[PDB]
Engineer: 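Handing you a structure now.
Count residues from 1 along the sequence. Excluded from the calculations below are hydrogen atoms, water molecules and symmetry mates; all remaining heavy atoms, backbone and side chain alike, are included. Technique stated in the header: X-ray crystallography, 2.9 Å. Just so you know, ligand 1 is whichever comes first in the structure, and atom 1 is the first atom listed for that ligand.
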Amino acid sequence: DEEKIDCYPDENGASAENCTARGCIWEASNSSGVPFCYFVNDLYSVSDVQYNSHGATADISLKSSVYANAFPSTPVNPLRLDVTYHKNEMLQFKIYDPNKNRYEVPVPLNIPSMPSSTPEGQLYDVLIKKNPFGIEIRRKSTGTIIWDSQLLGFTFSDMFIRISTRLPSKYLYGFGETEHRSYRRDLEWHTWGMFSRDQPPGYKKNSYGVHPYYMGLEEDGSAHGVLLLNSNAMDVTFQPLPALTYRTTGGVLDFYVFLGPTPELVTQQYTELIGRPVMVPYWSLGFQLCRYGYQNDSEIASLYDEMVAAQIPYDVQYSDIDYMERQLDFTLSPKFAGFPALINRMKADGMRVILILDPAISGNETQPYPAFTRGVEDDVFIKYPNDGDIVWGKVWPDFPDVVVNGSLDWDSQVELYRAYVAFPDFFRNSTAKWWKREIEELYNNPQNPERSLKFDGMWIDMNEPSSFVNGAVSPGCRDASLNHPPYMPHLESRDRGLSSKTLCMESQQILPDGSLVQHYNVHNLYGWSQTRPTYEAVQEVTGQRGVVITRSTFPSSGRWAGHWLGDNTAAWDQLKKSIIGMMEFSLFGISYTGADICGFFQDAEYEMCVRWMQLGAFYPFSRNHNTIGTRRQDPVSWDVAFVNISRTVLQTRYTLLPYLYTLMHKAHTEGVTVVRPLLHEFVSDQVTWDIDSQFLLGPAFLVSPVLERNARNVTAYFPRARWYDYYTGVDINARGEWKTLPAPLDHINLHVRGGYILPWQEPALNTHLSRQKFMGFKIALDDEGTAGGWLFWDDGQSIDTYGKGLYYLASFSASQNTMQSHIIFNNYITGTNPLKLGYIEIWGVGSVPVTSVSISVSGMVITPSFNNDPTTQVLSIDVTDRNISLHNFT
Ligand SMILES: C[C@H]1O[C@H](O[C@H]2[C@H](O)[C@@H](O)[C@@H](O[C@H]3[C@H](O)[C@@H](O)[C@@H](O)O[C@@H]3CO)O[C@@H]2CO)[C@H](O)[C@@H](O)[C@@H]1N[C@H]1C=C(CO)[C@@H](O)[C@H](O)[C@H]1O
């Protein structure tokens, strides 16, 4: 019943007779999922298999065209397969057309100069099996088979490619941006669309980015990863005979396989290929506020003052498109003048500001508008292929004189008001200068130095590329590269073709080299194409490292940006989904992510929002954002009870920051994960393979959120190790056990894994005041493991600090009743530049209050006063009275 490989996934025309017309068998079923049409025999035949020291290659040919000609596109013949043993832990196999040169995804990866696999170290082996044509990847370690495409269905036609594989288990994690219902994916007959579209998160709905990458767990605790470097419109299909099926619409099958043995190891190797996450500015680790519909310039300032009055910490203040004049890029609303004043005032207190940008530029404007005009001069806009005019979409920008009724039909609004806009082609060496310029002159206004906005980071959005008309504008598109492209993957609005909510597929773009591409192949690449330049733009203009949040992603996208999970709604299910989203994104190679706290779409409710601020207080990207007409949902818009709660939890986060920052350093340097599923640190425990309603920050910080309304308690899992409550210092004392811990409406549960030391620092009102206060230690000893730890210090904003010069790297270790410090490299904390070392806490020291050594060394040796409770292992040791800094301490 499984093993049935759906022969008719087509949008239209599945029928007994139409089914027979391919080499296929029609047989109804009463079981949900099973394909009425299925494969009984193959249509390609592998021929000249050959192996060598460094790879393998066979040839694939039709047999015969009688049936291959019967489905989607004109099949390609013959094909060719090249497997390559890059490293011992990594593979690639590609199936392509050796004759014609097919579209291949233009995103740089790093690969050993030549194949560096060694017969003794190589951890996997491959076999090109012959009947029917198959590919079998195996972990040499223990025979588990990683990939096995010796199933039927393999097709390969210009605009339709199918390949399948048995999964080595019933546990698979993560696919290209959408709203999964659990971390581990179902397998019980589910298809998923993958294609950049402006879709609020939804079940089986294709969303902002595309990520054809998964991690599979094996029989034993072993793990592997698989990437399909294809950017065409595709959908994947999970069958209960553990096995999935790709159906792309026309690249080549370029697969890369990774078999680090562990989840982290896998990710380290995936990111090693596509690139590791961007290092973020220390200030971005703080809390963030925004909304769609900040009315007046001053309604923001009103908010920023209300927030410092409540003493709720936060470093980043935004403004949505409201600050633009009629949603035009690079313009300042009348209603928002002396907004430039607000920026400068806030940053002066130590805050920072992030501004949104859309990609589409309006060209129906009457006044002068350099952005658009110089756009046309430098020729940076996306046109049709036969020289044809700009491909005109519509988005946010309003027409010039039109008077706007905020309440009109959303459709009516799009014809009467919204201007025609052009989409820049961000591949082009030209579009880079143009874009980078506009950004320059936003920062330093050539004409009105008083109207300069001094932003610190950019939020590129609406870049799928999203558009509020299907394709182009007035007459439409004209093409079959667009609608019904032989196979229309299982996307949202399938009936609308690929055109739906974006550019015409025939739209011409130009790659950096200079060759011509149509939007059809690079659509999923669009937002990605825009990411690096924007990143660079911010860097050049601000002279600092800065940060970029983008909506549309693609593998490697996270190399220059972070990501927020998009248009959630203020509903309870959406909290848990954010935990997933984050987790999945760590896999996808993007460390800096989160959801819109309290919920974008719709009005926030009180209790849900107390719970969400507590959860979100631990997103790496912690931002409270919100759609237009809704009521405001920020912390100082509820009541005294709320405010006070918000304060406490935010404080906690501003304490973890030195830890959260080093994680970010380690993910950037090592490939490791930041938001990390328990199962990454405790694989041998199968209970964790399924838990997705709680998560880790790094290895030692266990977050256990309350995700249900009335609930004021929670049941959370606690793997086999010591879990110290972060607040009290006491070990919970569960071990591979489920405990029900009390969870009052003011409290969120956090625990520190025994065997780790966490560097902390006193909570300020923003990271500027914070970095000045006292540095702490939390040594979470475990009878289960003594203690290990890391700290990395930086000016927190300079470009490539680690990579060239000024940083501080210290590993910490506690063997016997004593913690010792080893500075690996120091170059920013010097005698003159001191790091105040405040307190030193130690949890789990013993019920016997007897020390053999109570005094700390700096070179000299003091025996400062301490507090100790025998009941609770805590051993506190204040030191706010010494000249102790991280650079002279031992
Ligand atoms: C702010 C948001 O506006 C537009 O969102 C539209 C969505 O495209 C559609 O999904 C559509 O229906 C959704 C409903 O609005 C919503 O109530 C939900 O419950 O389900 C519906 C899905 O069927 O209507 C939406 C109109 O509001 C736009 O497409 C979307 O991309 C916009 N979000 C971005 C815009 C802003 C402002 O620049 C940013 O603040 C957001 O973060 C962006 O994500």
Engineer: Name, as the PDB entry does, the macromolecule that ligand 1 contacts most in this entry.
Structural biologist: Maltase-glucoamylase, intestinal
Engineer: Okay, my options are rifabutin, spiramycin, acarbose, danoprevir. Which one is at ligand 1?
Structural biologist: acarbose
Engineer: Extract every residue of other chains having a heavy atom under 4.0 Å from acarbose.
Structural biologist: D198, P200, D320, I321, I356, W396, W459, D461, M462, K501, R551, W564, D567, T569, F600, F601, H625
